[PDB]
J.: 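Working on a deposited model featuring metronidazole. Questions ahead.
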Number of protein chains: 2
Amino acid sequence: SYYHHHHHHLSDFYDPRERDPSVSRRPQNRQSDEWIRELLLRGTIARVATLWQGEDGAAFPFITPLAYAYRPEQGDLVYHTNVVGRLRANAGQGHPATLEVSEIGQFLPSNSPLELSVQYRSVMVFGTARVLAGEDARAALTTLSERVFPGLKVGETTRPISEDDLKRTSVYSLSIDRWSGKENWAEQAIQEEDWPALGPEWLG
Amino acid sequence: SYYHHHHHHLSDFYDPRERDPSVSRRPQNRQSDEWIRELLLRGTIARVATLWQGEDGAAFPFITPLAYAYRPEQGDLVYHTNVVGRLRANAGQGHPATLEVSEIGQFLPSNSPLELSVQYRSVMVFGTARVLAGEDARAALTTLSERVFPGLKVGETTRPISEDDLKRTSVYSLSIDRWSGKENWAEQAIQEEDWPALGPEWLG
Ligand SMILES: Cc1ncc([N+](=O)[O-])n1CCO
Ligand SMILES: Cc1ncc([N+](=O)[O-])n1CCO
């Protein structure tokens, strides 16, 4: 900055910058519903958090990484998991569930300590998960499998999904209520001009 | 299998297999506390789930991916995040938190549909997170930064962490109560011998 330069020789914020008019004007890095849909469609791993009763009787969350598929027409995401707790902290046949899908890029170095960061694209989904049965379960497991293994066809590449398979597997539809989408994918973190610049080890 | 071979020409479970005596005998793919510690030490991204009050008054979980560091002597993990809800579904100055760290490898194809899987190593941590202040916060942010950017030194590579930095940042210590560790990192999924084997596109 001038003040520092001049001090050596003896704000930023409101001053000119380039802006691409095509960029999102939404606060807090937020993204469009179309962007969220496309991120969900290309992802294959998610974390799901649901609530279980703990030892003190209080609800607490599990976090389970698992394969998933977004089914846009049905308005859900499907996954299977045999991970359970004792009792769900939940009244009813479905349970509230949060699901997260992200694309995490590179860590971004800076000579400014609070500008250290990582590239990310991230979706949070809020809804109700329910266990599927029978041909509902078989269809969801098929969509899932054929999604995460492109080119695989259940019944051809693999034997068909049998009744025994289904008895041994808990398959869920997370029916979507709300979602959120956030991206910060800069190529370089904000740097501090008035401190020695990072060397080529860092940015090269 | 014989039965199928013979049927064409016209159990597995209890029969001989190789076992490495060095392998974990724990059920459900579980791992030692030493293994959990080492996984936590090499990781740099975690998800944290904490509970917020929702619209119907019920608690529900957020899932936040963030940079983290395990501090074994202190018995905690530290991270910063400005993500908040309305009110935490929580009595007190700390809040219950679950933290997840995983290494996710390749998706593993099979001609058996319920053997489709993905390689993973995964830790679940259960504890109480509390906001840090002052030199506690500065030290934790330094450990974090110098962990996720090896070779970076706060105060040298970057300007020091200032009081303004600290006012703008919520830095947490998740004090560990319990943890869990799980691994399934096979090189190949279990296949079904009595269905056409996968072609070289899949396993080659
Ligand atoms: C710990 C874990 N990481 C990935 C998975 N997975 O894909 O089933 N798992 C299994 C349990 O959710
Ligand atoms: C959505 C997201 N993905 C990664 C991050 N991050 O590293 O801060 N974030 C930011 C908020 O947690």
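Each chain gets a letter, A, B and so on, in the order its sequence line appears, and its residues count up from 1. Just so you know, ligand 1 is whichever comes first in the structure, and atom 1 is the first atom listed for that ligand.
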J.: State which chain has the largest number of heavy-atom pairs within 4.5 Å of metronidazole (ligand 2), named as in the PDB entry.
T.: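 It has the most contacts with nima-related protein.
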J.: Which chains, by letter, have non-hydrogen atoms under 4.0 Å from some atom of metronidazole (ligand 2)?
T.: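 Going by non-hydrogen atoms, A, B.
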J.: By chain and residue number, what forms the binding site of metronidazole (ligand 2) with heavy atoms closer than 4.0 Å?
T.: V118(A), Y120(A), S122(A), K182(A), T64(B), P65(B), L66(B)
J.: What is the source organism the PDB records for chain A?
T.: Deinococcus radiodurans
J.: What protein heavy atom sits nearest atom 7 (O) of metronidazole (ligand 2), and how far away is it?
T.: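 Atom 7 (O) of metronidazole (ligand 2) sits closest to the protein heavy atom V118(A) CG1, 3.2 Å.
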J.: Among protein heavy atoms, which lies nearest atom 1 (C) of metronidazole (ligand 2), and at what distance?
T.: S122(A) CB, 2.9 Å
J.: Would you mind listing which atoms of metronidazole (ligand 2) come within a distance below 4.0 Å of any non-hydrogen atom of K182(A)?
T.: 10 (C), 11 (C)
J.: Near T64(B), which atoms of metronidazole (ligand 2) are under 4.0 Å from a heavy atom of that residue?
T.: 12 (O)
J.: In terms of residue, atom name and distance, what is the protein heavy atom nearest to atom 2 (C) of metronidazole (ligand 2)?
T.: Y120(A) CD1, 3.3 Å
J.: Measure the distance from atom 6 (N) of metronidazole (ligand 2) to every protein heavy atom, then report the residue, atom name and distance (to 0.1 Å) of the closest one.
T.: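 The protein heavy atom lying closest is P65(B) O, 3.5 Å.
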